[PDB]
Undergrad: 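Quick one: this structure, given as structure tokens, is what I'll be asking you about.
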Amino acid sequence: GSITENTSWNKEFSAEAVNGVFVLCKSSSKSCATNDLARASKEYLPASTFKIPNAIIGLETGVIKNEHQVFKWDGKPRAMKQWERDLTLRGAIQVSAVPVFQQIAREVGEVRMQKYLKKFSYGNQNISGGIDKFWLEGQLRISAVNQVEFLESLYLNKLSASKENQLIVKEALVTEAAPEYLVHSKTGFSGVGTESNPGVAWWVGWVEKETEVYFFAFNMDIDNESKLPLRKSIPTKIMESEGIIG
Amino acid sequence: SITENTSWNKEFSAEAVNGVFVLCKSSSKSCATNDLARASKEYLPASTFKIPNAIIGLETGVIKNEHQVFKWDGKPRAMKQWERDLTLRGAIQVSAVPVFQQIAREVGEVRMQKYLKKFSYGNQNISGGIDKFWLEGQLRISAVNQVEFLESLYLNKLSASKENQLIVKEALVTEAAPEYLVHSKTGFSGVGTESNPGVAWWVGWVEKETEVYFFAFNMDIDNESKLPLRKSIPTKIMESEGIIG
Ligand SMILES: *C(=O)[C@H]([C@@H](C)O)[C@H]1CC(SCCNC=N)=C(C(=O)O)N1
Ligand SMILES: *C(=O)[C@H]([C@@H](C)O)[C@H]1CC(SCCNC=N)=C(C(=O)O)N1
Ligand code: NA
């Protein structure tokens, strides 16, 4: 397990006047590279990336029955029209249907939710702030490095959850599929934050390319929703210039 | 039950293709096709056999697990794309025959026969050599049967652990989009011989919103230049029904 600083990559950040970090790890050499060692260890609210552990915990606790469970839309207004539908597990993840996962956390409960974030070594493991908000506005925080450790565990089925439930969540996280490579990933965006205290935007996941696997985690400060696409454009550019997905 | 849709014939005739498309919304209990007779006609599975072969490899422990790497011994293989180490998904996606031939040999005739019976896989005939019965032997399966088989897989209802079915299902993802996932497998038996065409396949399913469509396409083929039609005809149909694209 090694990490090195690669201040080169900074060009793709500077080009777009973005402050953030990319962490990219090659599984076979167990070696990671980042543009910013300090920021890679800095902990931010997970925002919708929390839907990964939350989904796993919901399956393990039985709250989510199985891979085919449909979360039925009860008709009442949701903060996004995208969310105003019936949704599969993948559907609710792809669209980041927060209220689906707020109810899941509610049924998981504080005690099991804390037990699992400790077993998963997930961030600071602080779920203070309300059972259906701690990852959105409460005290939970996780690093880019911790994300890639967590994702590597999931990939290897080594989290303290059934392998079946880890496989279920992995397939729901597939976002791009090609003959030579598969991408599993999850976006996050906490909001634009306050004056002097921007929000955070995330892109985490891993790339299966030939016999190699690359785990990655991107975060950036964000005070303008206009800039959201940059959470994929900068890591994708980085990953292309490494020959991984381009 | 299977019901004929005449409308779908346009895409075949335009291309001078003799083939069938089978499409089933939600379940295999009602399927639509351009050709009732051909929907249930049984053909060599060719590379589509990699799906049951992968499941059986896992169930028997021949494939140790999802992360197994099939190492290349460096000796010539029939396609340059196969001359590399491969994961399970990789070996499926490039249709690395010799990887699956060794799998078949290690599974062996007795176990292969048992699982094909459990899976209701076509005519369940594995004669013709343990490492080639799905390539040039007597094995045959229809488009309708592929749909039934894939539906069982999708539902984790094959006689196989849920874990192993999940592994193979992930290995079969070929298109991911926000609204839908496609799990699929292509096949091409070759160009056949005079008056006896080969067969080309595309089978799979589409998870879209909360709906699932099972599909199975085959055509006669005697010229490899026609091979792109195996995807474009069923894609065109599924795009015109509003399922993908
Ligand atoms: C998670 O990161 C959020 C969740 C908290 O809403 C979802 C929503 C979005 S983008 C729209 C949010 N607008 C806020 N004013 C994403 C995303 O990853 O793009 N995830
Ligand atoms: C399985 O259907 C075959 C396997 C038995 O060889 C592979 C090969 C091809 S096409 C490559 C060009 N063929 C030249 N002989 C496919 C395919 O799905 O297209 N699968
Ligand atoms: Na693909």
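Labels below follow one simple rule: chain letters A, B, ... track the order of the sequence lines, proteins then strands, and each chain is numbered from 1. Quick note: numbers below take in every heavy atom, side chains included, and nothing from hydrogens, waters or symmetry partners. Per deposition record, X-ray crystallography, 1.9 Å. In each ligand, atom 1 is the first atom listed, and ligand 1 is the first ligand listed.
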Undergrad: Which macromolecule does ligand 2 make the most contacts with, named the way the PDB entry names it?
TA: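 The chain with more contacts than any other is Beta-lactamase.
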Undergrad: What is the identity of the drug or drug candidate at ligand 2?
TA: imipenem (open form)
Undergrad: Provide the letters of the other chains having heavy-atom distances to imipenem (open form, ligand 2) under 4.0 Å.
TA: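 Under 4.0 Å by non-hydrogen atoms: B.
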Undergrad: Taking 4.0 angstrom as the limit and counting only heavy atoms of B/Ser95, give me the atoms of imipenem (open form, ligand 2) inside it, by number and element.
TA: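 The list of qualifying atoms is 7 (C), 20 (N).
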Undergrad: With respect to B/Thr48, determine whether any N or O atom, backbone or side chain, lies less than 3.5 Å from an N or O atom of imipenem (open form, ligand 2).
TA: no
Undergrad: As deposited, does any covalent linkage tie imipenem (open form, ligand 2) to a residue, and which atom would that be?
TA: B/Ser47 OG
Undergrad: Under 3.5 Å, N or O to N or O, is B/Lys50 touching imipenem (open form, ligand 2) that way?
TA: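 In fact, backbone or side chain, B/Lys50 has no N or O that close.
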Undergrad: Does B/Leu227 come within less than 4.0 angstrom of imipenem (open form, ligand 2), counting non-hydrogen atoms of the residue?
TA: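 B/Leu227: in contact with imipenem (open form, ligand 2) (<4.0 Å).
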Undergrad: Looking only at protein heavy atoms, which one is nearest to atom 10 (S) of imipenem (open form, ligand 2), and how far off is it?
TA: B/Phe188 CD2, 3.7 Å
Undergrad: Compute the shortest N/O to N/O distance between B/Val97 and imipenem (open form, ligand 2) and return yes if it is under 3.5 Å, no if not.
TA: no
Undergrad: Students should be able to answer this: which protein heavy-atom is nearest to atom 11 (C) of imipenem (open form, ligand 2), and at what distance?
TA: B/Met79 CE, 3.7 Å
Undergrad: When you compare imipenem (open form, ligand 2) with B/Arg230, is there at least one nitrogen or oxygen pair between them that comes in under 3.5 angstrom?
TA: yes
Undergrad: Which heavy atom of the protein is the closest neighbour of atom 2 (O) of imipenem (open form, ligand 2), given with residue, atom name and distance?
TA: B/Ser47 OG, 2.3 Å
Undergrad: Can you tell me which residue and heavy atom of the protein come closest to atom 5 (C) of imipenem (open form, ligand 2), and the distance to 0.1 Å?
TA: B/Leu135 CD2, 3.2 Å
Undergrad: Considering only the protein, which heavy-atom contact is closest to atom 15 (N) of imipenem (open form, ligand 2), and what is its distance?
TA: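 Among all protein heavy atoms, the one nearest atom 15 (N) of imipenem (open form, ligand 2) is B/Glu224 OE1, 3.8 Å.
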Undergrad: According to the PDB, which organism is the source of chain B?
TA: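 The PDB entry says Escherichia coli.
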Undergrad: Extract every residue of other chains having a heavy atom under 4.0 Å from imipenem (open form, ligand 2).
TA: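 The binding site of imipenem (open form, ligand 2) (heavy atoms) is B/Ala46, B/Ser47, B/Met79, B/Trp82, B/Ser95, B/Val97, B/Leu135, B/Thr186, B/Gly187, B/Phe188, B/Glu224, B/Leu227, B/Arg230.
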Undergrad: If you look at each N/O of imipenem (open form, ligand 2), which protein N/O atoms lie under 3.5 Å away, and at what distance?
TA:
residue, atom, partner, partner atom, Å
imipenem (open form, ligand 2), 2 (O), B/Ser47, N, 2.7
imipenem (open form, ligand 2), 2 (O), B/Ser47, OG, 2.3
imipenem (open form, ligand 2), 2 (O), B/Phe188, N, 2.8
imipenem (open form, ligand 2), 2 (O), B/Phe188, O, 3.4
imipenem (open form, ligand 2), 13 (N), B/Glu224, OE2, 3.4
imipenem (open form, ligand 2), 18 (O), B/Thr186, O, 3.3
imipenem (open form, ligand 2), 18 (O), B/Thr186, OG1, 2.5
imipenem (open form, ligand 2), 18 (O), B/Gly187, N, 3.1
imipenem (open form, ligand 2), 18 (O), B/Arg230, NH1, 3.0
imipenem (open form, ligand 2), 19 (O), B/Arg230, NH1, 2.7
imipenem (open form, ligand 2), 19 (O), B/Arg230, NH2, 2.7
imipenem (open form, ligand 2), 20 (N), B/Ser47, OG, 2.9
imipenem (open form, ligand 2), 20 (N), B/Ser95, OG, 3.3

